[PDB]
Trainee: 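PDB structure, Bifunctional cytochrome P450/NADPH--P450 reductase holding testosterone.
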Amino acid sequence: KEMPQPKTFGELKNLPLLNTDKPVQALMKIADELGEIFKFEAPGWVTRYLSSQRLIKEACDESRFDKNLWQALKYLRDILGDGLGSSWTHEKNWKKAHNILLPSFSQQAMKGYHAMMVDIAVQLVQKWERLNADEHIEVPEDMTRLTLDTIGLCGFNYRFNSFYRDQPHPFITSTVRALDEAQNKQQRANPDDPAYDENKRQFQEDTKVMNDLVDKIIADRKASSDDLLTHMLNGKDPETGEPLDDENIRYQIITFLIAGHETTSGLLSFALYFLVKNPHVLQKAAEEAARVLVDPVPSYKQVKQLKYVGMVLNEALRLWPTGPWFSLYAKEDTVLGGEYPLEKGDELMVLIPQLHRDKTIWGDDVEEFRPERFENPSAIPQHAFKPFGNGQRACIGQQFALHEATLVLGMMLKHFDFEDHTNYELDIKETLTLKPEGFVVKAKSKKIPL
Ligand code: HEM
Ligand SMILES: C[C@]12CC[C@H]3[C@@H](CCC4=CC(=O)CC[C@@]43C)[C@@H]1CC[C@@H]2O
């Protein structure tokens, strides 16, 4: 009945427990101690963190709970406005943009993106083919080169040309710094203190970087396509008959450029990490890649046939879902789990990595990397596996991400053997989205021509 809560610090309430650069990992440790639900209060906000499938299945009932803008997401509205992921479900532009953009993620759209995804994937493989003997690969850095370029090209017919730069693209640097600031601002007792004026200035500078790139993309399109940008500019919502206005279009462009790259780069990076730490799994995945990818360019159908590679990616998303949060609020008063009364408006936060370690669902070996868990996906209980969120606010990009990641990981496993040459110790960096910081490998080419 009474809800668990970690210790408080006077008027700071629970906030000092989140003074860390790894908040999801810190909150997982609180869930370890307190169980499937605990309340957390800051001077500015209150939420309840959920970790069990039993309770999360209830939170995913859209007749009782709607998507909530949790604190860091509210901060991102300064950049993303009422773009798709940062709008309330009841905000006019959510359903409008959802209706206008959903056909850009049809299976037919995916088939149309395939050749562009191959273009960027081939650039990754060629970069690695061209390294010298004394070199290694910076894995998340190169995955982010690939995933930013892929959403640029597929979504906007724009080439970031990230493989032509040996430093991250400036859009990446500004994305990391802005999302890091949204993460950190949550932990500040007094965010309007002038101590944080320099953080505000930098956040505005990163916002201007993003908006300058949006201007270039828009100018490029004028000076040149059936893609996301086409639908932003020309589509009409079939419900309201209305188009997106120019202000919301700008928010959507930034929205898709950010969301289209970071979680997918983290996934590819974690997937490669788990493969080199589990060589027998790597061998099985590499065997599938060689058996299926018989042509120099993978076809759309061949990527759909990479079943074990798909299982590898799902299992990586099980252990470290790379956007590890989604938040709900109670639409009306209701009792959660038969035990915890909630009031209309009360916030819930789904701790996805902890959901994915629910032993009553997965068994006791929750920490083992075992892609065979996903051999028969219909055998996984409803709402036990939620790396893409829930309901009408689930990830619109889920099929895009998985097709890109399956294609790229398949080509990687076809073209190289991998060495964990530093015996890398997993260090998970959090800037809202997760990545294995510092993960490096050496690739030995299998000498298979493109
Ligand atoms: C493995 C990669 C990905 C993961 C783990 C992921 C995860 C998520 C999650 C958890 C949400 C729900 C957030 C919430 O409820 O507050 C979401 C929403 C979203 N994702 Fe992704 N995502 C991935 C890839 C992508 C890609 C490639 C795109 C774009 C092409 C994308 C665009 C979006 C957008 C626009 C939303 C908001 C949807 C809406 O509210 O209408 N994501 N994603
Ligand atoms: C806001 C957004 C959907 C929610 C994303 C956000 C990028 C950062 C992010 C990381 C997470 O760990 C949870 C999901 C969030 C909070 C995405 C940027 C554009 C998309 O609309």
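Residues: numbered from 1 along the sequence shown. Order of listing sets the numbers, starting from 1, for every ligand and every atom in it. According to its header, this structure was worked out by X-ray crystallography, 1.7 Å.
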Trainee: Is it possible to name all ligands or chains that make up testosterone, including repeats?
Mentor: ligand 2
Trainee: Atoms of testosterone (ligand 2) less than 4.0 Å from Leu432 heavy atoms?
Mentor: 10 (C), 12 (O)
Trainee: I'd love to know the other ligands and ions under 4.0 Å from testosterone (ligand 2), if any.
Mentor: none
Trainee: For atom 2 (C) of testosterone (ligand 2), find the nearest protein heavy atom and state the residue, atom name and distance (0.1 Å precision).
Mentor: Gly85 CA, 4.2 Å
Trainee: At less than 4.0 angstrom from any non-hydrogen atom of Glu262, what atoms of testosterone (ligand 2) do you find?
Mentor: 7 (C), 8 (C)
Trainee: Using a strict cut-off of 4.0 Å, indicate which atoms of testosterone (ligand 2) neighbour a heavy atom of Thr255.
Mentor: 19 (C), 20 (C), 21 (O)
Trainee: Please tell me if atom 15 (C) of testosterone (ligand 2) is touched by the protein, where touching means a protein heavy-atom distance below 4.0 Å.
Mentor: no
Trainee: Can you tell me which portion of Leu73 lies within the under-4.0 Å heavy-atom range of testosterone (ligand 2)? Options are side chain, backbone, both, or neither.
Mentor: side chain
Trainee: Side chain or backbone of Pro324 under 4.0 Å from testosterone (ligand 2), or both, or neither, by non-hydrogen atoms?
Mentor: both
Trainee: Protein heavy atom under 4.0 angstrom of atom 5 (C) of testosterone (ligand 2), is there one?
Mentor: no
Trainee: Enumerate the residues contacting testosterone (ligand 2) with a heavy-atom distance under 4.0 Å.
Mentor: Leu73, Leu80, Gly85, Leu179, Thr255, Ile258, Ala259, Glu262, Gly323, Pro324, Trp325, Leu432
